[PDB]
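Notes on a structure featuring metformin.
Here the PDB entry sets the residue numbers for chain A, with the shown residues being 19-290, 331-514 in order. Whatever order the structure lists them in is the order used to number ligands and atoms, beginning at 1. The deposited model was determined using electron microscopy, 3.5 Å.
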Amino acid sequence: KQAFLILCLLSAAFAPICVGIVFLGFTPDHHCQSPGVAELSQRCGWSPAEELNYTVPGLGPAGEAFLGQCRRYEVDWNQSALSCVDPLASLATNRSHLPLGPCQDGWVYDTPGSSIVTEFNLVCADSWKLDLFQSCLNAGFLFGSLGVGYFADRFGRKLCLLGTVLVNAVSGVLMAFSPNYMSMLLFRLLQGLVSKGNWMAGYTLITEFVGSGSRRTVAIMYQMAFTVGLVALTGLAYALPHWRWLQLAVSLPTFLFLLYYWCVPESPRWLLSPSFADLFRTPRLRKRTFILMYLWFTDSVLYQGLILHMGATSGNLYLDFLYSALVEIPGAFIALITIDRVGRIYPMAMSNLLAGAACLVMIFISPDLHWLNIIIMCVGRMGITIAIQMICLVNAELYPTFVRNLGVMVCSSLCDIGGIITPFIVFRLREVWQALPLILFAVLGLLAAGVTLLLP
Ligand SMILES: CN(C)C(=N)NC(=N)N
């Protein structure tokens, strides 16, 4: 189906943009680059795993990995007077007493490729800027979910969608060529503006075309196109290690889509009072609005939360991610079936409870049981996927046609606000205690579970 394919491609191409940070911006293990260590290593013959025993701050209670990652012994490594057995025994009565400094001269990264982290040195004190990368995108989303309606009111639909697709394709391509963090964040923001606009527009068009009976099914099929997008993201990120190659390979298809769309007649897609206060005027409607806002926020937070957490902590990222993407499909069938069989409130509650429990269990798990961790992670991802499917319908059902679209605009803006807050909770906060983010996700999931039961 051409008329179906041309929109599902525009859904599948959105997933590499939203989640791509997990592959464009991994943080590999690193230590302070150390001038003269290469010379002393050449003299003494230290192998890669051996040099880190003698040339980096040692681990201890409470890890001390921060010292290894962000400090270095200020030793005169050029000295041939140093012992090749262990130079630090020649220099101090105890290693603890050596002079220590910051990595003034550079960084060494254990990867054959590169990521934005490795390429702009977003390590140690700079590491917040990495969360600033995903935050700028979700800020683009927030400005999109509100400004796109006004724009499309003031600018013609065909012109609007042509513009936003061209700008998405270009800005995504140009991001690969950004030479500095400022320009990269600006392209990330422009793409944040236009990507959600395109995604919502394509969704609207596909649901406007398909008959009202099949429309509901086609919505879930359009979601599953996102999962196929995640699978493609994994494949490309495995074939193309350097983040620029990946960014081009991700962006190009949306460019070629315009070279296709212009070459053949596709005009029907574009050719074919509400007030914010009225969403709150009455206490029951107001309460339901608050609940839907909360649940959209919670599921956004948990979805990006689990994906970024996995990106930050998984030991076999590519298969830990592949086996997680391919779980949304069974999740989609479980959703569609259960929606038809017994409704939507009980599934949305149970699936949020399942997500909360899965997050909580990941606190207690012994992490060497990688096979258990990946299973619980999959159970969580399935849960939050089913909940997102359910709430996409429930947010239509609980608002009347007089305000339904404004309710969607609100809820989506709440999702984008959660997308803005989630990164700093996942990374910039995780350095306090690795349980913390999972405690938050557990609490959020359990509350979303309990709160859900109040909806009619
Ligand atoms: C993570 N976000 C906000 C998405 N674009 N995807 C989704 N289906 N919610």
Main partner chain, metformin, name from the PDB entry: Solute carrier family 22 member 1
Heavy atoms under 4.0 Å from metformin: which residues of other chains qualify? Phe32, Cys36, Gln241, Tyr361, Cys473
Identify which transmembrane segments of chain A (UniProt numbering from the N terminus) have a non-hydrogen atom under 4.0 Å from metformin. 1, 5, 7, 11
